[PDB]
Asker: 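My structure is below; once you've seen it, I'll send some questions.
Reminder, nothing fancy here: chain letters follow the sequence lines and each chain counts from 1. What's counted below: heavy atoms across the whole structure, side chains too, no hydrogens, waters or symmetry copies. Ligands are counted one by one from 1 in listed order, and the atoms in each one are counted from 1 as well.
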Number of protein chains: 2
Amino acid sequence: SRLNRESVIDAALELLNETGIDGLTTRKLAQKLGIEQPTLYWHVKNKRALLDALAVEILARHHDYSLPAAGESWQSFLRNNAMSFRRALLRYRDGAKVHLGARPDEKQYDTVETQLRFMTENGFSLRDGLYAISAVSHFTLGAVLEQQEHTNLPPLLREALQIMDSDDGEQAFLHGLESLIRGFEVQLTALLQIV
Amino acid sequence: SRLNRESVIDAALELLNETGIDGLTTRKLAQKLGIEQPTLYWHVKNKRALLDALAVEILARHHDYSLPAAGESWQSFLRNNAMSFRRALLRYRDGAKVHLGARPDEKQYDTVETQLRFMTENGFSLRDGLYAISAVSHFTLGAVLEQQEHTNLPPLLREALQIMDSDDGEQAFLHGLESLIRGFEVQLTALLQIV
Ligand SMILES: CN(C)[C@@H]1C(O)=C(C(N)=O)C(=O)[C@@]2(O)C(O)=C3C(=O)c4c(O)cccc4[C@@](C)(O)[C@H]3C[C@@H]12
Ligand SMILES: CN(C)[C@@H]1C(O)=C(C(N)=O)C(=O)[C@@]2(O)C(O)=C3C(=O)c4c(O)cccc4[C@@](C)(O)[C@H]3C[C@@H]12
Ligand SMILES: [Cl-]
Ligand SMILES: [Cl-]
Ligand SMILES: [Cl-]
Ligand SMILES: [Cl-]
Ligand SMILES: [Cl-]
Ligand SMILES: [Cl-]
Ligand SMILES: [Cl-]
Ligand SMILES: [Cl-]
Ligand SMILES: [Mg+2]
Ligand SMILES: [Mg+2]
């Protein structure tokens, strides 16, 4: 079949949904594509390189809210961005694991950059903007990982574990997300006051 | 050598630090212990079972702040608990990954339970206590995973990536942790007011 980048990634994503991250191999990708392994090697040098590309592509394809709208607030931006990031990570099997093992690609540099400039333009120091953005990313990645890796009791925990498996985790995610955002705002507004 | 539970786990933890999670195998554990594989199988049935036990043991050994002190506030408890949980997850290679893939063990049921009762005894509904505790756990797991898996630029990002690799991640972690805790308190205090 065709072995241009876009096609190889299409097939590897399809493969990822079939096998998950641990079970994805270049050998099975060759098989899926109808080719021999040394043919694949010309195109894709190893699993690490494949996963690096999948991490970038998964965001490029599906992470629709990386940039703020004209005039949007920083609260609203972080909210929408977190929800988009969560959604994209959920779309493929082990997507958060794929995301974690990879590097902040040159092809996205300018996206991140803009997000950091945006925070700063709304009153955060670089440091605080970064921390805000990192806390959101880590909270979101954590919540998704636990959702995806989720694949006799005491009473509270019995009702916790029922409550906990009542939807996708969307409720607990969204509730935490507001908590975090309000905590950032309380910090931003305080300036040099003891808070 | 000796193949009682405690010894097998000692050796598997030592092995985990040598190989990481992907590279830990029952075969290499047998090797480390000076035994044949079928001897190991009597004791440990597969990797999944090994990892399940390591996840529990890593907390039991090293997670010193699972229960609140007499009279401690819920803010203080969550803070200390998060820091303890982070510390324990960091102690072994891929510790957060080991933690994620495992299940909330019967041997800890009563620890979690108590934490959930404690939140509730301080004014949270079960739901909110749970969410608070889950957001902390997910934020912490996310931050640790990214620390552990962390193993030409634009300016801000250049200074972000320098700032970001200035310590262990302890600063960004602790700053987010306070944000989250304050966000929980703002929610708890508001009751039925629009907030
Ligand atoms: C908050 N939200 C989840 C952000 C986002 O939506 C991204 C995007 N491409 O649209 C990320 O890459 C984003 O999701 C993301 O993963 C970001 C990063 O990983 C990093 C790392 O590791 C180091 C320095 C800077 C960044 C970053 C500023 O680009 C991060 C931006 C993250
Ligand atoms: C907040 N802090 C990190 C808590 C903790 O310190 C624990 C401990 N053993 O001391 C956990 O097990 C704790 O770290 C932890 O992982 C908890 C859990 O995973 C769960 C899951 O998955 C489902 C229901 C309930 C729990 C829980 C209440 O036991 C969680 C308690 C977590
Ligand atoms: Cl071709
Ligand atoms: Cl292409
Ligand atoms: Cl491979
Ligand atoms: Cl807005
Ligand atoms: Cl023995
Ligand atoms: Cl023993
Ligand atoms: Cl194995
Ligand atoms: Cl206190
Ligand atoms: Mg990232
Ligand atoms: Mg857990």
Asker: Which is the drug at ligand 2: dacomitinib, tetracycline, podophyllotoxin?
Answerer: tetracycline
Asker: At the binding site of tetracycline (ligand 2), which chain contributes the most contacts (name from the PDB entry)?
Answerer: Tetracycline repressor protein class D
Asker: Which neighbouring chains have any non-hydrogen atom closer than 4.0 Å to tetracycline (ligand 2)?
Answerer: A, B
Asker: Enumerate the atoms of tetracycline (ligand 2) whose separation from the nearest heavy atom of B/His63 is less than 4.0 angstrom.
Answerer: 5 (C), 6 (O), 7 (C), 8 (C), 10 (O)
Asker: Would you mind pulling out the UniProt tetracycline-binding residues of chain B that have any heavy atom less than 4.0 Å from tetracycline (ligand 2)?
Answerer: B/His63, B/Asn81
Asker: Help me out: what species does this PDB entry assign to chain B?
Answerer: Escherichia coli
Asker: Scan the protein's non-hydrogen atoms and note whether one is under 4.0 Å from atom 18 (C) of tetracycline (ligand 2).
Answerer: no
Asker: Measuring from atom 16 (O) of tetracycline (ligand 2), which candidate in B/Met119, B/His99, B/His138 has the nearest non-hydrogen atom?
Answerer: B/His99
Asker: Filter the UniProt Mg(2+)-binding residues of chain B to those with a heavy atom under 4.0 Å from tetracycline (ligand 2), and list them.
Answerer: B/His99
Asker: Could you tell me which atoms of tetracycline (ligand 2), counted from 1 in the order shown, lie closer than 4.0 angstrom to a heavy atom of A/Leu157?
Answerer: 24 (C), 25 (C)
Asker: Provide the number and name of each other ligand or ion under 4.0 Å from tetracycline (ligand 2).
Answerer: ligand 12 (magnesium ion)
Asker: May I ask you to list the atoms of tetracycline (ligand 2) that are less than 4.0 angstrom from any heavy atom of B/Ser137?
Answerer: 1 (C), 2 (N), 3 (C), 32 (C)
Asker: Write out the residues of other chains lying under 4.0 Å from tetracycline (ligand 2), heavy atoms counted.
Answerer: A/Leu157, A/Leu161, A/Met164, B/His63, B/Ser66, B/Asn81, B/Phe85, B/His99, B/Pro104, B/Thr111, B/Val112, B/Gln115, B/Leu116, B/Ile133, B/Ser137
